[PDB]
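The model below depicts dihydrofolate reductase holding trimethoprim.
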Amino acid sequence: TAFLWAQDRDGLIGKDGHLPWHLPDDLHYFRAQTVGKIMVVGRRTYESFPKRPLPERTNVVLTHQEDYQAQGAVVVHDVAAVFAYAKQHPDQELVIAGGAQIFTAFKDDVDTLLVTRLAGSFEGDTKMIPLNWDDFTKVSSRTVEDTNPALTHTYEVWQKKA
Ligand SMILES: NC(=O)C1=CN([C@@H]2O[C@H](COP(=O)(O)OP(=O)(O)OC[C@H]3O[C@@H](n4cnc5c(N)ncnc54)[C@H](OP(=O)(O)O)[C@@H]3O)[C@@H](O)[C@H]2O)C=CC1
Ligand SMILES: COc1cc(Cc2c[nH+]c(N)nc2N)cc(OC)c1OC
């Protein structure tokens, strides 16, 4: 169970469906970070995504309906079931992809946190949930500059201590 999202300096994520900042280098970070892993996206994000499902990537949708028809992409309606699959897959763990609703239900059960902090500052109404950074420790961090002052950003990966 890991969290994988992107936020600006204030900690924004996405406003009204489409993200607030257009960062091409971030999308690659999202795909590369979920290659061969289970991608949990709530019915709101999966419905807002641009190209679904991802190529050679495990994607799971979360919804409260019972007739959700999605051939090619996994489908579940209870975090309890999703937690089972990852425990049963020896090569596909549980990775969260959002949106905010999915970061809250899994906030208690977290194992790895992946956040992208951009240098630019955007505004909106939906932001990432309150994570306990004090209980986790960043094990890997990479900063990359870009021709655009705001499109600049860093990748932070954390792990839960025991
Ligand atoms: N920074 C980032 O990484 C990401 C950011 N974003 C931004 O966030 C927005 C989405 O945030 P938010 O408004 O919170 O919505 P979400 O996209 O997080 O909504 C998740 C949906 O999943 C379903 N769901 C949630 N919990 C459960 C559960 N326990 N059982 C069953 N179904 C469940 C609900 O759908 P239902 O209506 O079917 O019950 C819920 O509306 C995106 O539009 C985008 O702007 C989106 C993805 C990633
Ligand atoms: C991989 O493509 C998208 C991915 C996301 C979610 C997302 C983005 N970036 C990061 N770092 N984590 C995420 N979960 C949101 C999108 O739009 C809101 C996308 O389409 C541009």
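In what follows, residues are counted from 1 in the order of the sequence shown. So this one's solution NMR, going by the header. Note: hydrogens, waters and symmetry copies are ignored here, and every other heavy atom, side chains too, is used. Counting convention: from 1, in listed order, for ligands and their atoms alike.
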Task: Location of trimethoprim, all copies - done: ligand 2
Open item on the list: Any chance you could list the binding-site residues for trimethoprim (ligand 2)? Cut-off is 4.0 Å, heavy atoms.
Closed with: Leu4, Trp5, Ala6, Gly17, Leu19, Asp26, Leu27, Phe30, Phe49, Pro50, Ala97, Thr116
Task: Source organism of chain A (PDB entry) - done: Lactobacillus casei
- [ ] Report the UniProt methotrexate binders of chain A that come within 4.0 Å of trimethoprim (ligand 2), using heavy atoms.
- [x] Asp26
TODO: Look up the covalent bond partner of trimethoprim (ligand 2) and give residue and atom, or none.
DONE: none
- [ ] Find the UniProt domain of chain A where most residues contacting trimethoprim (ligand 2) lie.
- [x] dhfr
Task: trimethoprim (ligand 2) near UniProt NADP(+)-binding residues in chain A (heavy-atom cut-off 4.0 Å) - done: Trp5, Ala6, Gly17, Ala97
